[PDB]
Novice: 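We have in hand a structure of neuraminidase carrying zanamivir.
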Protein chains: 4
Amino acid sequence: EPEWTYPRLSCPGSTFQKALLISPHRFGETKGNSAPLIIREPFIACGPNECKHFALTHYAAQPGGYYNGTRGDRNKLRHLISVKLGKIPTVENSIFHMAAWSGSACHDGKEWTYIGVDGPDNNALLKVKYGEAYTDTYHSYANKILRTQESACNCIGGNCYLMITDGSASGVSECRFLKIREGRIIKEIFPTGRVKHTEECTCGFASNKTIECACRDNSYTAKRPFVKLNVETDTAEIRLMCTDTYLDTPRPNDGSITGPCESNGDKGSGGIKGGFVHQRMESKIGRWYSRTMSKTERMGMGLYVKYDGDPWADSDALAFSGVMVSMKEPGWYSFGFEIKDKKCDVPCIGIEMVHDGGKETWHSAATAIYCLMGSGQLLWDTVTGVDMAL
Amino acid sequence: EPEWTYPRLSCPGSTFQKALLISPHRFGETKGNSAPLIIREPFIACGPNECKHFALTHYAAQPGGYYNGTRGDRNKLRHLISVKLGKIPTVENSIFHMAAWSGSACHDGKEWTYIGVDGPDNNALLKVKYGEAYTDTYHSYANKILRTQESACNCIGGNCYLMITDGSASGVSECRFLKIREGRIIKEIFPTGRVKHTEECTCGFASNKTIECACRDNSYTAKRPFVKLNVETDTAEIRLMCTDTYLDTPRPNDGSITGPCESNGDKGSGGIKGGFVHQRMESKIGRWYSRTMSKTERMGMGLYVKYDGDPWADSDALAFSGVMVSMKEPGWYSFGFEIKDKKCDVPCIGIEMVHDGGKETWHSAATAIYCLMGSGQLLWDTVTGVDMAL
Amino acid sequence: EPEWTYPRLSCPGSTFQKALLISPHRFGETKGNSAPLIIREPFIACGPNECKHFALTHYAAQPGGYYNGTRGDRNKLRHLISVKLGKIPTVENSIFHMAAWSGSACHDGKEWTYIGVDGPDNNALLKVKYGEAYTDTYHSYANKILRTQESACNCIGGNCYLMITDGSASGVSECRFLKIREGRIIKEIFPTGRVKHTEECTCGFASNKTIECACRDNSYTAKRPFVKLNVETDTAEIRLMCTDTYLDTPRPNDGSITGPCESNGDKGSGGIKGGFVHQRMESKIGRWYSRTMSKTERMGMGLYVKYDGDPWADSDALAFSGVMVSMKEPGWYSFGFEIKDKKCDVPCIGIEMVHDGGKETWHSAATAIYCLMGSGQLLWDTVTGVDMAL
Amino acid sequence: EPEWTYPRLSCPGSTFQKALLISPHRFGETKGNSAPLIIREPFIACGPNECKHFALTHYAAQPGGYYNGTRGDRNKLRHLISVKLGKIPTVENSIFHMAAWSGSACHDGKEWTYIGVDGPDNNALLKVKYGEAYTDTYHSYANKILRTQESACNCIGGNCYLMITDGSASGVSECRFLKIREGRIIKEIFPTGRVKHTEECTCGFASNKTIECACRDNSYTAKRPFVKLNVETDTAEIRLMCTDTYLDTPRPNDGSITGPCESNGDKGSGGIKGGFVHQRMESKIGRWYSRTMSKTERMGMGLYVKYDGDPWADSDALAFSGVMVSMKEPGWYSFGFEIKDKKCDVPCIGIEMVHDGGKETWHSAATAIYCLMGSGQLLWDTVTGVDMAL
Ligand SMILES: *[C@@H]1O[C@H](CO)[C@@H](O[C@@H]2O[C@H](CO)[C@@H](O[C@@H]3O[C@H](CO[C@H]4O[C@H](CO)[C@@H](O)[C@H](O)[C@@H]4O)[C@@H](O)[C@H](O)[C@@H]3O)[C@H](O)[C@H]2NC(C)=O)[C@H](O)[C@H]1NC(C)=O
Ligand SMILES: *[C@@H]1O[C@H](CO)[C@@H](O[C@@H]2O[C@H](CO)[C@@H](O[C@@H]3O[C@H](CO[C@H]4O[C@H](CO)[C@@H](O)[C@H](O)[C@@H]4O)[C@@H](O)[C@H](O)[C@@H]3O)[C@H](O)[C@H]2NC(C)=O)[C@H](O)[C@H]1NC(C)=O
Ligand SMILES: *[C@@H]1O[C@H](CO)[C@@H](O[C@@H]2O[C@H](CO)[C@@H](O[C@@H]3O[C@H](CO)[C@@H](O)[C@H](O)[C@@H]3O)[C@H](O)[C@H]2NC(C)=O)[C@H](O)[C@H]1NC(C)=O
Ligand SMILES: *[C@@H]1O[C@H](CO)[C@@H](O[C@@H]2O[C@H](CO)[C@@H](O[C@@H]3O[C@H](CO)[C@@H](O)[C@H](O)[C@@H]3O)[C@H](O)[C@H]2NC(C)=O)[C@H](O)[C@H]1NC(C)=O
Ligand SMILES: *[C@@H]1O[C@H](CO)[C@@H](O[C@@H]2O[C@H](CO)[C@@H](O)[C@H](O)[C@H]2NC(C)=O)[C@H](O)[C@H]1NC(C)=O
Ligand SMILES: *[C@@H]1O[C@H](CO)[C@@H](O[C@@H]2O[C@H](CO)[C@@H](O)[C@H](O)[C@H]2NC(C)=O)[C@H](O)[C@H]1NC(C)=O
Ligand SMILES: CC(=O)N[C@H]1[C@@H]([C@H](O)[C@H](O)CO)OC(C(=O)O)=C[C@@H]1NC(=N)N
Ligand SMILES: CC(=O)N[C@H]1[C@@H]([C@H](O)[C@H](O)CO)OC(C(=O)O)=C[C@@H]1NC(=N)N
Ligand SMILES: CC(=O)N[C@H]1[C@H]([C@H](O)[C@H](O)CO)OC(C(=O)O)=C[C@@H]1NC(=N)N
Ligand SMILES: CC(=O)N[C@H]1[C@H]([C@H](O)[C@H](O)CO)OC(C(=O)O)=C[C@@H]1NC(=N)N
Ligand SMILES: *[C@@H]1O[C@H](CO)[C@@H](O)[C@H](O)[C@H]1NC(C)=O
Ligand SMILES: *[C@@H]1O[C@H](CO)[C@@H](O)[C@H](O)[C@H]1NC(C)=O
Ligand SMILES: [Ca+2]
Ligand SMILES: [Ca+2]
Ligand SMILES: [Ca+2]
Ligand SMILES: [Ca+2]
């Protein structure tokens, strides 16, 4: 008799380590016999028995003849797909959940919820799937590419919370939260505070009372908007992270944005989804983040950590925890997720490593995983191993 | 231990939306490494735990060397196959249930019933398979291509009802209904009324007492024969759908078949299996239908709806719900089906999108799925994304 | 709490029909992207939940580079493999059970028993596998290719009975039966009567007290040795079938072997494994057989039936029940097996259809299935659909 | 609910036989359509319900374009992978557990423990995974390639014991033992005695009180270090195997290392992981070993056995049991493992058969399995059947 899931205390440990590389295009040469799917925006969500590796496919494999368009964001062909984590996401291994050029998913202890956005840019559509069944939708409210998290949503006691946003990518994008229960949207939550532009939130439980999200401002700042969501009152507030360690790409030099914590500063235009995940201890909360090694390119990926504090108020630099992806390798999207051990939760960060050779060739990604395990210092970086000319 | 299933009230909603595209020949290019099966006549049937995607394969894959003959209807190699819905129907993924060039399937709540017709045109044979066991057959009664629904049969209380027919494609084809229980035919039902040509019925539950079917007349009319089958007395009547919105292809202009409801009118020769699904509410019943956008060609697919009334007597046009497949794209067979959610049923329509390059190349199909989903208006159409020269 | 299996009454029906074709090399062209395994001697065995399709592979696929030797019988590479019945036995779908150039398998209600013979011709070795575990062996006793049934063994109340034989293929091959329980050989049974040459027995339950086998004499006669095994006393006796319808290939004209029932007659040299399966009714036993359409070649396959009687004594011709494989198509090995329906057993005959193009090319087989279903007459024959030049 | 597992008495038997060959590169020809993974260091571990086949992959398939580097030992792409035993380790079939260039695994009766070492040579990291959760790590203690067994670890009562080592391949490598429970290291065991070089131990249960291991010394001797680990006091001693039958490769002539048991002798530099498995009977213990047929090259593989005695003190030659792999074929790593039968344990030995074409082509391995099975003498050897030019 399956019960509702709740966030548990995190497992012991004080450092991340390289766990797993999922690099489908290691097998996509013309000399070869495999059919890895062309994908971007991967993320991982785990239930009580299984981990699922999600992505947005372009509905084409490599090698193949439909490369043209695979460097685009949205079209009528993109689908949310998944494999069990640890499987190579090929044509045959994958399962196609729904049409979607923006997605999310989560397990509530009883059943998977799948979330997909599709439709025309000026009138997109959020779709909710619970198990096999399509159960609810939510309409565009600003008529400017309604879109969601591109990472796991979060469930507590059967209630799943999901960030959505709608609005110009170079102007205002006031985000909303949806409270979804058993596939049906039972409440809209309208955040207060600094709501100018929030998107692609990476969200997790700081506790049984609070969800926290580190998001992307693609318009005004290289500081990440940081959401605190009270799950007991269904209220949310947004403020920019204050840390000198700006987590967006592009970004100016750390600590160079002058004025109070709310100051936007320079190099704010553009952005990237950033990894964020909680380490819940008896009396401390650990906050782990990732950002690219380069200040302007999607190259490299570093891990940072800060225990305790108010992310809205602490200007202190984050503690650099190690290089996950070298500056010589691609470092694009990253995301947090949690594996369920028998009695506690294991916090992890996944990294999207995009193979980018321009619009004249195929365009896809690998996925690297780092997880909290043991003590000491982070020891090894991840390479993709792929030569795009093969 | 599993109980029999019964139609339930539908889930809330007032519009369909694009749910899912299964386009396996996106992976069938010569530059690729995949092996999608060559198929036609796909449909979907759902049990308590799982949805299955069925089709009739020509026992060949693309790329391959057995294209010749795949634009034919019947031969000794055609088989009923399936995959879990969301998987691509490939050589390795598919399961082959039985030899068949006409098929159906349904879950009674305990077990799958598979239905496959094959044999010679003048003496074909319907075969029943219950799980893994072949359990029963039914013989041609007119010696002119015994054939069945090409979509899910319907179970209630362990009783599964199935349309069969026999007779000339261009003359009389009096259908019958088989009542089937745990794989064995226990009753034949002889419909009453307008009985001279009924084939390829798409059937569903109007309630716990009635099954309704919208069918194809390939010979006499562009109106669809409309079956009402009483499940409490095991009796059935057929009359032509009265609606001005003629659902066959080909068909004349809407409302142009003059005279009383049973008038056949012109452009009646030829036809196509149409989508039909029920939206069951407490105090009213919604009927959803699909037809091609072209009045003569198998191009496009539009969605229509009417609430309540009697389809035998009401001439009112169906309300246009939206374009599922634009007229630039192929729109062949369509079928109804329902997904079992936790406490209600989700009504859906699937669309066969045939890749037709003539008899000089391969001939197969993609499948699009639209489902009842939230409110508002239908928002996006479907394309297969397939170039047949690849 | 799984219980021991017993033979049950057969399901109703009075004729066989074409059920299923498994034709892996429909997908093995150079133009294609699949990897069907090169196999011969298929057979099927069913447990209470699943049907398994077994074969002896040459550990090579098509297309591939190891064709040379695939027209041989024995080597160090042959393995017993299986897939779930209904799956194409490819490199990836198959599972490799054990090294074997001769095999059998059966389910006892609790667990699969797998049986494989390998080793040098003059000192071969029967190996028994119960589930994952290798559990017992049995040595050559005549030092002339110890070999087994190439079809399902038979289990009652946890005891599995298996025919084995050892001896020259052009002289004496006194067979033995092994009683195997939970993977261990607990008794040898030495048949009496006509024991000169028995091999490749196709065996089944005539009742709870008796196993019957129709076997192959590759040396002295075109009559099939016919075994009756008393399961309650563990005693077996062998006599030639008496029917005018000689079931071996090659064979003289029916009814042309003069003298008493035991007379060997002409064209006795050579042979073929023949399908045989029981139809158990309340007071009748039905016996179904298959033999090639040609009297001298492995071409075509016909179905025969006789109700009741003593196969040792009745000279009456068997009743011809229909053409399963045309004389224009290959008809090699055939075998009986039974599917388990919910409350009764479904008798079936499988047919090996070998693609034979000589030693200069690849050498493999398809499998066709006919099962007892409904009434009337057998309606359609099976073709393989394969062009070996592709 | 599942109970912890404990070594049981072995099943009856007095000889090994050829059981199974896993030769995936039989499907790796350029004329083919398959994608076997490039792997080395395979081993097998069995739980209550299933046997798993593990290897270290170079994250590449054959045919492919990443052959370069697959004859190297360590890199950032190597992963621990597995399939169900009897499946071919291909891109689609394999599951990727974690990044590792050194590995182990074992089932405690409730769950799988996976072990993978990676990171830089001077600072490598052992990672523990319990089911799907990363649960613990252990750091290099000598900064000279921390590494582990390359074969199954051993569990008793929920306690899993694992050999690790660290130090120069050509100097001192003092191993340790990790006691692991539900994924977390709870004790380090520091062996006593002849401790200067111990690596790649093949371990099994001599009883409920003792684990024994036959290990590799790559530096000093051709005798195998022999670990006795007491599981009741968690203490361990290592001495050199005294037997005249030296089990390493390279090695001098048998019995030619003069002097007392702990004498190292000549040709000690270099080495190879050897097969070792226990045959536990009521009143006696059988120890089965394997070594290459060549005294210097990794060619061939022979089987040896001794009952009882003390391997630290007895100089008696082991009894030659037979040739598993002829000297014409490659014989690289060998490993012990046990299959769980219903009431007893089946001892087995696996053999890595490496396809070595030098560094100018691909580099990978097949796996042969021999098992305790009936009585008599071992009857057949194994060949891979693979031509590397294809
Ligand atoms: C067609 O007929 C079907 C069979 O009569 C109808 O299904 C029945 O629907 C009613 C209400 O919609 C259900 O009664 C409710 O039961 C729930 C609890 O559900 C379970 O209860 C126990 C477990 O405690 C279990 O034994 C049952 O089998 C249910 O799984 C209560 O909370 C409600 O208060 C109410 O009593 C019936 O259970 C259900 N029967 C079956 C066999 O499914 C169906 O509604 C009809 N379709 C229509 C009208 O369109
Ligand atoms: C190492 O220690 C292990 C744990 O002490 C030993 O395993 C034990 O072995 C004994 C006999 O070999 C078993 O006792 C027998 O039990 C069977 C019935 O088996 C089941 O009984 C009940 C169900 O009725 C269930 O609760 C149990 O868990 C068993 O599954 C009886 O028929 C016999 O008469 C006898 O009592 C123990 O059950 C078994 N324990 C465990 C935990 O497996 C093992 O033998 C030792 N290894 C050696 C000595 O080499
Ligand atoms: C968030 O809230 C959930 C639900 O309240 C917390 O889960 C609950 O955790 C407690 C203690 O960890 C569990 O209580 C029980 O305690 C006894 C020991 O006396 C033990 O034998 C039981 O097996 C169990 O551990 C309770 O079962 C559990 N409930 C659920 C539904 O999971 C969770 O710990 C909270 N997260 C925090 C505080 O970070
Ligand atoms: C061969 O022997 C087996 C074992 O004796 C026979 O199976 C047994 O069949 C009987 C009757 O079919 C089963 O008895 C029970 O009868 C009541 C009706 O009063 C019914 O409610 C039960 O569910 C069951 O049918 C018995 O359970 C069953 N036992 C086993 C272990 O299967 C089998 O019928 C014999 N085959 C023949 C005679 O051909
Ligand atoms: C496709 O198959 C059909 C029949 O299966 C082929 O038709 C035959 O063509 C030859 C000439 O090439 C005629 O002599 C036969 O009489 C035809 N048979 C039938 C039944 O029509 C056809 O040639 C094939 N097409 C291709 C391109 O190979
Ligand atoms: C295999 O890979 C190695 C290194 O990964 C290649 O070695 C390099 O070769 C170039 C010349 O072609 C040298 O300039 C580099 O210094 C070498 N690097 C190292 C690390 O040795 C090697 O060429 C590759 N082999 C093939 C056949 O491509
Ligand atoms: C049994 C059979 O062959 N049915 C045909 C065909 C049919 O001839 C018409 O319905 C007229 O009776 O309709 C459709 C069609 O595309 O029109 C293909 C079907 N293909 C198959 N289901 N195989
Ligand atoms: C950790 C590691 O790299 N072990 C090596 C190698 C090793 O260097 C020796 O044991 C000496 O210490 O042995 C064998 C070998 O073939 O000799 C390959 C191993 N390959 C790997 N397991 N990756
Ligand atoms: C198109 C869309 O819905 N999301 C975009 C996203 C976007 O343009 C920015 O966040 C601005 O709002 O940018 C990223 C990106 O790589 O920068 C790709 C995303 N692609 C998809 N998720 N498909
Ligand atoms: C080699 C062996 O063990 N059995 C042979 C079998 C045999 O030669 C005759 O039965 C005579 O005894 O003939 C048949 C055959 O096709 O005629 C192939 C079998 N091939 C295999 N089962 N592999
Ligand atoms: C493919 O490239 C051609 C090049 O002219 C362009 O016209 C077309 O729009 C591209 N298709 C897609 C789907 O991007
Ligand atoms: C392959 O054919 C060659 C041709 O001369 C022959 O020498 C060899 O024995 C054959 N191999 C096998 C395995 O039959
Ligand atoms: Ca920004
Ligand atoms: Ca018509
Ligand atoms: Ca003969
Ligand atoms: Ca050595």
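Letters A, B, ... mirror the listed sequences (proteins, then strands); counts begin at 1. Ligands are counted one by one from 1 in listed order, and the atoms in each one are counted from 1 as well.
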Novice: Give the place of zanamivir in the structure, all copies included.
Specialist: ligands 7, 8, 9 and 10
Novice: I'd love to know which other chains sit under 4.0 Å from zanamivir (ligand 7), counting non-hydrogen atoms.
Specialist: B
Novice: Could you help me figure out which residues touch zanamivir (ligand 7) at a heavy-atom cut-off of 4.0 Å?
Specialist: B/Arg40, B/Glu41, B/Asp73, B/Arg74, B/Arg78, B/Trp101, B/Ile145, B/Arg147, B/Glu150, B/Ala169, B/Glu199, B/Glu200, B/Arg216, B/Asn218, B/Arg298, B/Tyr333
Novice: Kindly confirm or rule out an N or O of B/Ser102 lying under 3.5 angstrom from an N or O of zanamivir (ligand 7).
Specialist: no
Novice: Output yes when the distance from some N or O of zanamivir (ligand 7) to some N or O of B/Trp332 is under 3.5 Å, and no in every other case.
Specialist: no
Novice: Yes or no, since that's all I need: does a protein heavy atom fall within a distance strictly under 4.0 Å of atom 7 (C) of zanamivir (ligand 7)?
Specialist: no
Novice: Among all protein heavy atoms, pick the one closest to atom 12 (O) of zanamivir (ligand 7) and tell me residue, atom and distance.
Specialist: B/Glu199 OE1, 2.8 Å
Novice: Which zanamivir (ligand 7) atoms are under 4.0 Å away from a heavy-atom of B/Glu150?
Specialist: 22 (N)
Novice: Quick one: does B/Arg40 get an N or O within less than 3.5 Å of an N or O on zanamivir (ligand 7)?
Specialist: yes
Novice: Could you list the atoms of zanamivir (ligand 7) found under 4.0 angstrom from a heavy atom of B/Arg78?
Specialist: 23 (N)
Novice: Give the residue and atom name of whichever protein heavy atom lies nearest to atom 3 (O) of zanamivir (ligand 7), and the separation in Å to one decimal.
Specialist: B/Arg74 NH1, 2.9 Å
